[PDB]
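Here the structure comes first, spelled out in structure tokens, and everything after it is commentary.
Chain letters run A, B, ... following the sequence lines, proteins first and then strands; every chain starts at 1. Both backbone and side-chain heavy atoms feed into the values below; hydrogens, waters and symmetry mates do not. Order of listing sets the numbers, starting from 1, for every ligand and every atom in it.
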There are 2 protein chains.
Amino acid sequence: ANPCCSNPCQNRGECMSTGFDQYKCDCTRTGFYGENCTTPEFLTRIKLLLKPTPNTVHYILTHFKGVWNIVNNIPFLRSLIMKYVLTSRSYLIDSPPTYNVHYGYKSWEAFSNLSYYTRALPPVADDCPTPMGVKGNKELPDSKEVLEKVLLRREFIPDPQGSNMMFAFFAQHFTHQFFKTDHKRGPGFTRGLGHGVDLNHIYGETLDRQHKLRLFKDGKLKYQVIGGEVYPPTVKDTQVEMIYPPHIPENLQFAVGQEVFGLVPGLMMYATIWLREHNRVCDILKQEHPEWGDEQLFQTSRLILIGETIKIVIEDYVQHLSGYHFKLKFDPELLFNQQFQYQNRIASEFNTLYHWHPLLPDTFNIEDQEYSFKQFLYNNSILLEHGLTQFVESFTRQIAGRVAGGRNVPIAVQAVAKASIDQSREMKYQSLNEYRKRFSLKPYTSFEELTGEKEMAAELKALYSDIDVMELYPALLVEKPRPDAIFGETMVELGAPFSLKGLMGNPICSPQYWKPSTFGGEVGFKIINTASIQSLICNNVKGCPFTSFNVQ
Amino acid sequence: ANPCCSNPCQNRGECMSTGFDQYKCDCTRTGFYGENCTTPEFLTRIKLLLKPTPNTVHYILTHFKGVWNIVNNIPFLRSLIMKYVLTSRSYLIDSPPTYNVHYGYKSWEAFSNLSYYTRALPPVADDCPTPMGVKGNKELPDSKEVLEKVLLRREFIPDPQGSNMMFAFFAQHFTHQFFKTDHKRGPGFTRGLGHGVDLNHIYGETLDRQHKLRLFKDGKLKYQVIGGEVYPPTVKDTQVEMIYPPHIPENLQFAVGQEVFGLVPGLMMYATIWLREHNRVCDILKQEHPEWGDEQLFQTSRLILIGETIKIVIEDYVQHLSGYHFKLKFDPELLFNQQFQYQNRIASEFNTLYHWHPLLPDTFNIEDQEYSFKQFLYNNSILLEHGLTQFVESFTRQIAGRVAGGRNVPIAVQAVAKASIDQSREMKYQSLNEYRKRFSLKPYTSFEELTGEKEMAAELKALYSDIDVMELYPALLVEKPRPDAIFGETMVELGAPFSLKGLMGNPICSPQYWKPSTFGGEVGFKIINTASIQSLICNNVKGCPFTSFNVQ
Ligand code: HEM
Ligand code: HEM
Ligand SMILES: *[C@@H]1O[C@H](CO)[C@@H](O[C@@H]2O[C@H](CO)[C@@H](O)[C@H](O)[C@H]2NC(C)=O)[C@H](O)[C@H]1NC(C)=O
Ligand SMILES: *[C@@H]1O[C@H](CO)[C@@H](O[C@@H]2O[C@H](CO)[C@@H](O)[C@H](O)[C@H]2NC(C)=O)[C@H](O)[C@H]1NC(C)=O
Ligand SMILES: Cc1cc(NC(=O)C2=C(O)c3ccccc3S(=O)(=O)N2C)no1
Ligand SMILES: Cc1cc(NC(=O)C2=C(O)c3ccccc3S(=O)(=O)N2C)no1
Ligand SMILES: CCCCCCCCO[C@@H]1O[C@H](CO)[C@@H](O)[C@H](O)[C@H]1O
Ligand SMILES: CCCCCCCCO[C@@H]1O[C@H](CO)[C@@H](O)[C@H](O)[C@H]1O
Ligand SMILES: *[C@@H]1O[C@H](CO)[C@@H](O)[C@H](O)[C@H]1NC(C)=O
Ligand SMILES: *[C@@H]1O[C@H](CO)[C@@H](O)[C@H](O)[C@H]1NC(C)=O
Ligand SMILES: *[C@@H]1O[C@H](CO)[C@@H](O)[C@H](O)[C@H]1NC(C)=O
Ligand SMILES: *[C@@H]1O[C@H](CO)[C@@H](O)[C@H](O)[C@H]1NC(C)=O
């Protein structure tokens, strides 16, 4: 019914109805004009002729290693390239944000209501004849069939980039501070009102929760000591609400900032490490500032840990997953003379693409044990049994699964994968190809081009008929990986700009925050600027075990 | 005891304690170095030894009328200057915001908690030996004595700039969407969580209040007709909470977005006008878009009225109060190639400086009647009796009071003036001279220099002893005005950057919003770009009476 149902406006032109059966494309600042914003301005043809494709740039970043070594060791040159990386990657995201699950046009409600995830692409209107707009059949193919045919794991496929369980659980722990769906309201709603890296998964989303978690001495968070080792306090001792099945002993219900972190020992491992890190930073600050009170010690340490998180995420975590030989750098100063908005709104599509469940193994191997999913979930006794040191050593050694490439979702979480499909449809996501165009990628012209093989493509052809009807979420998991890579093109090109905004958009990266006094002086500042996944583990885990995001 | 109590760091350097009796200044990016950030770097020496003073700039903007006349009539030149004006006025506000009433250092709590007003200068620490830090006596002078000696009106002092009651009530109506102190929590807290121009004073702060005010047909707001004229609906009809004394009959309990707007018929006049404007724009959009539903008509109209409001605030309202011969321009495009943060957090000091109660007359003169304060307050029957047309005609003719220059607060609101003093102290405001330095102004060296006269200066000298201990709020009302102006230097130099951020920081001014389709096409867009206080009144008040912000 809506004349904009067919998504006729190209190159980010905006579609507006002008009657029951007519539309107008607003081509303002797109660089194109004409009825559908497809005629390039002269400068546009110049830009287009020059810009390399994402696969070309990926090739360059993953080759000429000898050259990247030269670059990485020349400070001013590394800075220069990172500066370019930053600006190149930061023009695709609407900031201030625009659409959401209930608004396919800009509105004050969509802007102002922080309970929604934002949307990179507006939803397919409710009165459109087909789920994707006007293409395809009345209903999309059975989600169970999609799941069973091309997503479910047959044999475990290891990640060729060598990602390990330290990587998988770091991804889970880190992202679950800003992916926190409010199931009461619906899949298009979030409980993470900070919309980014605020460390609410350590400190609590609300002030009441934070205060229940705090010791109110020396800036510290409450903790218990068990067999000489520091662990989170209990629900019983703190009244911090946590999600635990009823059969869990009171003494095993650890209470942390994020209420779902009792779900798996690997989340609780990271919760425990960051808890120790907070109190460690508290000791350092108290040493540097014997005149400070508890409140300032707490707040300053939180700012420092936010800093360390952003640092580690960029220079270790994103560094590893990218596969780049270029050494990414966390340096807010690089944006100070550039246009950039210090703010972020978490996109629904970012949440959706980040469902990296293929990472998980069939069993979790710690020391000489192999835990099934059933044994592993909600089982903090496993953490106490083995200890943090053994957990790190074991997770560092265990390979994670490949995410793109298809057929690698562990069956234990098949309901989760089905729900990602079903809820994408519920939220009226536009198709894979629309999202590809939205991120300046070439539309796939066949299912074989998407997968790079023939068997899964054939299954999908039979299911969807038209590549233009293929959905974003399953596509991300069946996409042809880059050579020996964990992800395909669509995953990287969508994930990167969302991730950048969540990290650099933090206020601590703004010029008035990014200075020593914000972090209690040069000592606190140095903690941020020297942070690494290895140092986080070395400072807080007995014996300073070697760790890394890849298997050795 | 805090070693930062004396405010040792200059030129926006940040003070941090480094022990019980030592501090350190963080001079990062100040352009100065040395223990207190007072040694100018070389390039700072250049900038300084040729930056014109605010009074010089104000001289130039308010003279050479013939030159400005040429400038105003050459579009590219007017734009060029406005572009300069915009950037020259946007480097003084911390954005993302920093301090608040409870935090004299940056913290995640101060950044994230939207219920606080933010602070342009951090509060004086609790354990400082004196209210202002280290200077002055153990107690500030009796606020009643300060009020009675230099603030309270003897004889009515008319504004020489000719500001009228349309101006005064516009100031009150417009600002009360973002100055909404949460008295439950304290003077440092706000109920205006949008922190700017969101028009919650028409539409309501919350969705459920908004939905009570809406007709749910054609995008319109509920209204009632009395004697052939459109007025806001009642509390009985809508169920929205309003503040009214218990003796107001049900038929006079008007319901509007801001709960206090029944306080005064002047506010209800503007509430009525803006309600009519919303419904007018709904009519226009429905004509443009027969295919649109109620929700989109409502949301689009709200966006349009937001643009109208910003347009009128800049080009009529601020235009009048500034006294500039240069014609200010609302043009979001002028910021598109500039560094600028599209966000805003309302500053407590902005709230404080905007207590412009000396504007108020001794009596409110409508048609042939002169109403007293007791007669005027909470008396909407006056509005019904005379009507909007007579309100506009009368308020356009009636002169408002001068704000700077002292002794012009009407006795009827003396408790409000005393509270501004008392709450400033509660919120631990730094001194007038610290605020002047914060905004690049020369500190006053005596009370006579502050007032430009001798009698009020002498009383203040007796009360305060030291000019460096003089408080911000009463200083603003006793300050020497610019020549035949309504305000003095401090008022304009603090007010201007805060005001700019609230208006241009609005998301509708960002590039992704500032396009015709956001407002339902060129028709909606034209309504914003041609808006004016005269056309607002012309379109919505019977007879289209002439109006202006100047008695003229
Ligand atoms: C043993 C490990 C894991 C289990 C048992 C698990 C299970 C689940 C379940 C049941 C949900 C749905 C939760 C809900 O709807 O409230 C979910 C959501 C999610 N998972 Fe996993 N998952 C695991 C690991 C991971 C990993 C390694 C990642 C890496 C990125 C990940 C990413 C996500 C994301 C981003 C969501 C959506 C969060 C939200 O919107 O609230 N998960 N997972
Ligand atoms: C008949 C006219 C007016 C009356 C009866 C009035 C009265 C009041 C009162 C009772 C308060 C609350 C004080 C407190 O809680 O301590 C207040 C606050 C305020 N007034 Fe007025 N006023 C009037 C006109 C104006 C005008 C013309 C302006 C011009 C801008 C203005 C600006 C303000 C501001 C900015 C506040 C602080 C509001 C807040 O933070 O919520 N008022 N006024
Ligand atoms: C914003 O900060 C205020 C000030 O601390 C918070 O209000 C306090 O909240 C606690 C409950 O968490 C109450 O016991 C206090 O009475 C409140 N104090 C005041 C002065 O109101 C408020 O909760 C914070 N808001 C958010 C969203 O965290
Ligand atoms: C943000 O939007 C959601 C969705 O509209 C709002 O949730 C609705 O609020 C009304 C109250 O006016 C309830 O009657 C509905 O049940 C809510 N719907 C859902 C899905 O929860 C929410 O109130 C909005 N938040 C704000 C701050 O306005
Ligand atoms: C997949 C995937 C990729 C990804 N992120 C990135 O590719 C990606 C980042 O996350 C990012 C973070 C900080 C500064 C710059 C970059 S980047 O240039 O946009 N790039 C390396 N997150 O998930
Ligand atoms: C007093 C007072 C002044 C004032 N504002 C101004 O002086 C002032 C504005 O408010 C402003 C509004 C939009 C764009 C640019 C300007 S300005 O250059 O900062 N200037 C004229 N608000 O209260
Ligand atoms: C060659 C001069 C170019 C124009 C400069 C005009 C400056 C006059 O400006 C003066 O500034 C003083 C500063 O305190 C104020 O006291 C005066 O009121 C003001 O007139
Ligand atoms: C409403 C004003 C209150 C007047 C009575 C108490 C004020 C006492 O204050 C005095 O008032 C005189 C008034 O012009 C001034 O000459 C004095 O300088 C001032 O001290
Ligand atoms: C614009 O797009 C529509 C698709 O809805 C197409 O039918 C029309 O011919 C296009 N016009 C062009 C490309 O000039
Ligand atoms: C939890 O882990 C422990 C090992 O610490 C194991 O003995 C136990 O069986 C597990 N619980 C469940 C329900 O599998
Ligand atoms: C720095 O400031 C303090 C002011 O309290 C003063 O004691 C010291 O002499 C100053 N040093 C300078 C201005 O070089
Ligand atoms: C209310 O306004 C009317 C004029 O409409 C006036 O005559 C009356 O005195 C006012 N009421 C009070 C209590 O002042």
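Drug at ligand 5 (options retigabine, rofecoxib, desloratadine, isoxicam): isoxicam. The name UniProt gives to the main binding partner of isoxicam (ligand 5) in this structure is Prostaglandin G/H synthase 2.
Other chains in heavy-atom range of isoxicam (ligand 5) (under 4.0 Å): A.
The binding site of isoxicam (ligand 5) (heavy atoms under 4.0 Å) is made of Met82(A), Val85(A), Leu86(A), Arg89(A), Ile314(A), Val318(A), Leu321(A), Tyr324(A), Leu328(A), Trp356(A), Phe487(A), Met491(A), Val492(A), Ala496(A), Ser499(A), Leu500(A), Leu503(A).
Atoms of isoxicam (ligand 5) found under 4.0 Å from any heavy atom of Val85(A), numbered from 1 in the order shown, are 18 (O). Counting only non-hydrogen atoms and rounding to 1 Å, the UniProt active-site residue of chain A nearest isoxicam (ligand 5) is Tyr354(A), 4 Å. Looking at atom 12 (C) of isoxicam (ligand 5), its nearest protein heavy atom turns out to be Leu503(A) CD1, 3.8 Å. Counted by heavy atoms under 4.0 Å from isoxicam (ligand 5), the UniProt heme b-binding residues of chain A that qualify: none. When only non-hydrogen protein atoms are considered, atom 9 (C) of isoxicam (ligand 5) lies nearest to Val318(A) CG1, 3.7 Å. The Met82(A) neighbourhood of isoxicam (ligand 5) comprises atoms 14 (C), 15 (C), with distances under 4.0 Å to a heavy atom of that residue.
Close contacts between isoxicam (ligand 5) and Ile314(A) involve ligand atoms 13 (C) [criterion: under 4.0 Å to a heavy atom]. Measured by heavy atoms, isoxicam (ligand 5) lies under 4.0 Å from these UniProt substrate-binding residues of chain A: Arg89(A), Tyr324(A). Inclusion of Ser499(A) in the set of residues having an N or O under 3.5 Å from an N or O of isoxicam (ligand 5) is warranted.
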